[PDB]
Amino acid sequence: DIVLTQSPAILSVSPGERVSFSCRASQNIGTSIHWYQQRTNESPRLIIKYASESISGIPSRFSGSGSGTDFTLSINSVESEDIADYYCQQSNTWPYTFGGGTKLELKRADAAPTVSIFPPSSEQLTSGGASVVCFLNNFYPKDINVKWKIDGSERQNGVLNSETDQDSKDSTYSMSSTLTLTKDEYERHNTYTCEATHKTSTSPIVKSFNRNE
Amino acid sequence: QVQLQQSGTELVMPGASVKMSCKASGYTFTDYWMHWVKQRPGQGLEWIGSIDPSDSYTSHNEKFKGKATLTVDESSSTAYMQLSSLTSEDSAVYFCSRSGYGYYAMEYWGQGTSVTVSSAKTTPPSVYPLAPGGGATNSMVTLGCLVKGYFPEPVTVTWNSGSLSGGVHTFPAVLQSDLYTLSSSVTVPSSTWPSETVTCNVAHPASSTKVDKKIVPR
Amino acid sequence: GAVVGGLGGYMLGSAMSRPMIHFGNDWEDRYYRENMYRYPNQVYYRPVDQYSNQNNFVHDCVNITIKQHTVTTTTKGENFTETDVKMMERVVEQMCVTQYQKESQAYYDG
Ligand SMILES: CN(C)CCCN1c2ccccc2Sc2ccccc21
């Protein structure tokens with residue numbers, strides 16, 4: 001099969017900037033590459049066909065070049081509406097194949113997360129459950145790591161995480177990390193710590209509480 | 001103008017099949033190939049297969065031969081894809097698309113059908129208030145609501161009936177056991193809480209659930 | 001259908017205008033356009049009443065037409081690749097369906 005490799009996987013861009021990203025095919029496909037834009041929660045949209053041919057209704061700032069194996073999609077001046085995943089696809093021979101995508105991302109100043117930890121509610125404890133929640137809000141870049149500890153000991157079981165998409169206003173990211181235990185298991189320990197590691201600091205942001213307090 | 005109309009959602013049991021439709025309009029149906037593309041949550045596009053409506057000649061991604069059956073109904077200008085023996089691996093959005101005339105850029109796309117495969121029954125959420133404990137700082141307090149153990153998606157989380165829109169992060173749902181869980185945080189000035197009321201409103205249409213949880217200290 | 005020599009029950013349908021066929025990718029569409037003249041423009045079949053239904057008529061019509069086109073092609077020192085046979089199968093299938101409808105219409109007309 002024709003493998004399509006897109007680079008980079010993620011591209012951080014500043015509004016107005018000219019940006020490019022590449023699609024390379026493992027075999028010669030002439031001009032039989034097509035580019036699609038996919039905004040969050042939307043369908044893909046054709047933006048360039050046959051390497052370089054424009055599509056009606058698509059802003060003229062989009063252009064493509066290349067023939068053979070190496071293909072480039074260029075955006076003359078990147079706008080907020082251009083923030084999306086971009087996929088290439090070849091139609092020269094079966095099977096049709098797609099590149100793994102290039103995600104566009106708005107570049108902003110680095111921001112450390114505001115971290116907040118929450119003990120289990122009494123109403124959850126009444127039902128026998130115990131979820132300790134940690135919010136890591138409004139940080140940049142997207143990459144971040146959360147560790148939980150109970151009485152000093154690390155814990156990864158019963159930890160579920162969830163990440164927001166880049167905020168459209170301030171261009172930051174947020175994450176929630178929830179550690180779920182049983183009431184009895186939760187009663188047998190005192191201290192619970194949410195530990196956030198982010199590139200804005202080599203020091204982890206530690207948020208914790210002690211039950212007996 | 002050409003349009004490709006697909007059903008929004010399908011909820012389907014593991015091991016069952018689903019047949020999803022793609023109704024075309026605004027052009028001569030038999031003049032253009034139709035294509036089916038899979039997208040797993042947070043993953044890329046995967047070609048499943050394609051069909052020429054003129055004679056129902058098909059081509060498949062090898063992996064989907066035996067899984068995905070492609071047909072059309074010329075009378076109704078509708079393409080169909082039937083997926084069989086569904087598993088959690090088939091939970092995805094499925095797009096149909098149409099190419100050009102003797103050209104194979106996918107010019108028009110349906111809105112996609114989101115398939116969830118699960119044996120879970122409709123379950124209302126347990127909504128837990130997340131209140132801090134005195135040592136909250138910044139001149140700014142973060143409150144939260146844990147929405148746990150519901151099925152299916154979606155839930156709508158608002159704060160104070162939608163009057164609290166700024167400073168809220170409602171995170172995508174995550175599968176915990178075989179039920180969904182999400183949290184919402186709202187960041188608010190220390191004046192306004194607990195002096196004024198902060199309440200999360202969790203609507204779960206599928207179970208006719210509408211829960212208001214006031215965030216109270218301790 | 002026209003009968004001659006020793007068709008062993010088979011009949012030759014009248015020549016059909018070659019349709020524009022799209023194969024769903026750039027290479028095959030071009031290949032087909034350039035090579036379509038190498039495939040039959042008429043099909044061989046047994047009388048329609050000798051089959052259970054369309055599918056069985058078509059399946060047979062396709063096999064005999066292609067088999068017999070292949071020996072004549074072989075006699076000329078030419079060969080069909082896997083692509084050729086795939087494409088031939090498709091266009092011959094179309095013609096066999098058309099032939100069935102024509103034949104079954106006549107079968108209904110007394
Ligand atoms: C000149 N043609 C009438 C030959 C008959 C067509 N045909 C065929 C083709 C090539 C070799 C032998 C034969 S005999 C035959 C038998 C059934 C159907 C088609 C054909």
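In what follows, every chain begins at residue 1, and chains take the letters A, B, ... in the order their sequences are listed. For ligands, and for the atoms within them, numbers begin at 1 and follow the listed sequence. When the header is checked for method, it gives X-ray crystallography, 2.0 Å.
Located at ligand 1, the drug is listed as promazine. Counting heavy-atom pairs under 4.5 Å, the chain with the largest count for promazine (ligand 1) is, by its name in the PDB entry, Major prion protein. Other chains in heavy-atom range of promazine (ligand 1) (under 4.0 Å): C. Nearest protein heavy-atom contact of atom 14 (S) of promazine (ligand 1) is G6(C) O, 3.7 Å.
Interface atoms of promazine (ligand 1) facing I64(C), defined by a heavy-atom separation under 4.0 Å, are 18 (C).
Close contacts of promazine (ligand 1) with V71(C), meaning ligand atoms under 4.0 Å from a residue heavy atom, involve 10 (C), 11 (C). Looking from atom 17 (C) of promazine (ligand 1) to the surrounding protein, the closest heavy atom is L7(C) O, 3.4 Å.
There is a protein heavy atom closer than 4.0 angstrom to atom 19 (C) of promazine (ligand 1). At the top of the distance list for atom 2 (N) of promazine (ligand 1), counting protein heavy atoms only, stands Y44(C) OH, 3.8 Å. Distances from atom 11 (C) of promazine (ligand 1) to the heavy atoms of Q68(C), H69(C), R46(C), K67(C) show the closest one on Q68(C).
Contacts of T72(C) with promazine (ligand 1), taken as heavy-atom pairs under 4.0 Å, involve the side chain alone.
Counting heavy atoms within 4.0 Å, the binding site of promazine (ligand 1) comprises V4(C), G6(C), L7(C), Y10(C), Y44(C), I64(C), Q68(C), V71(C), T72(C).
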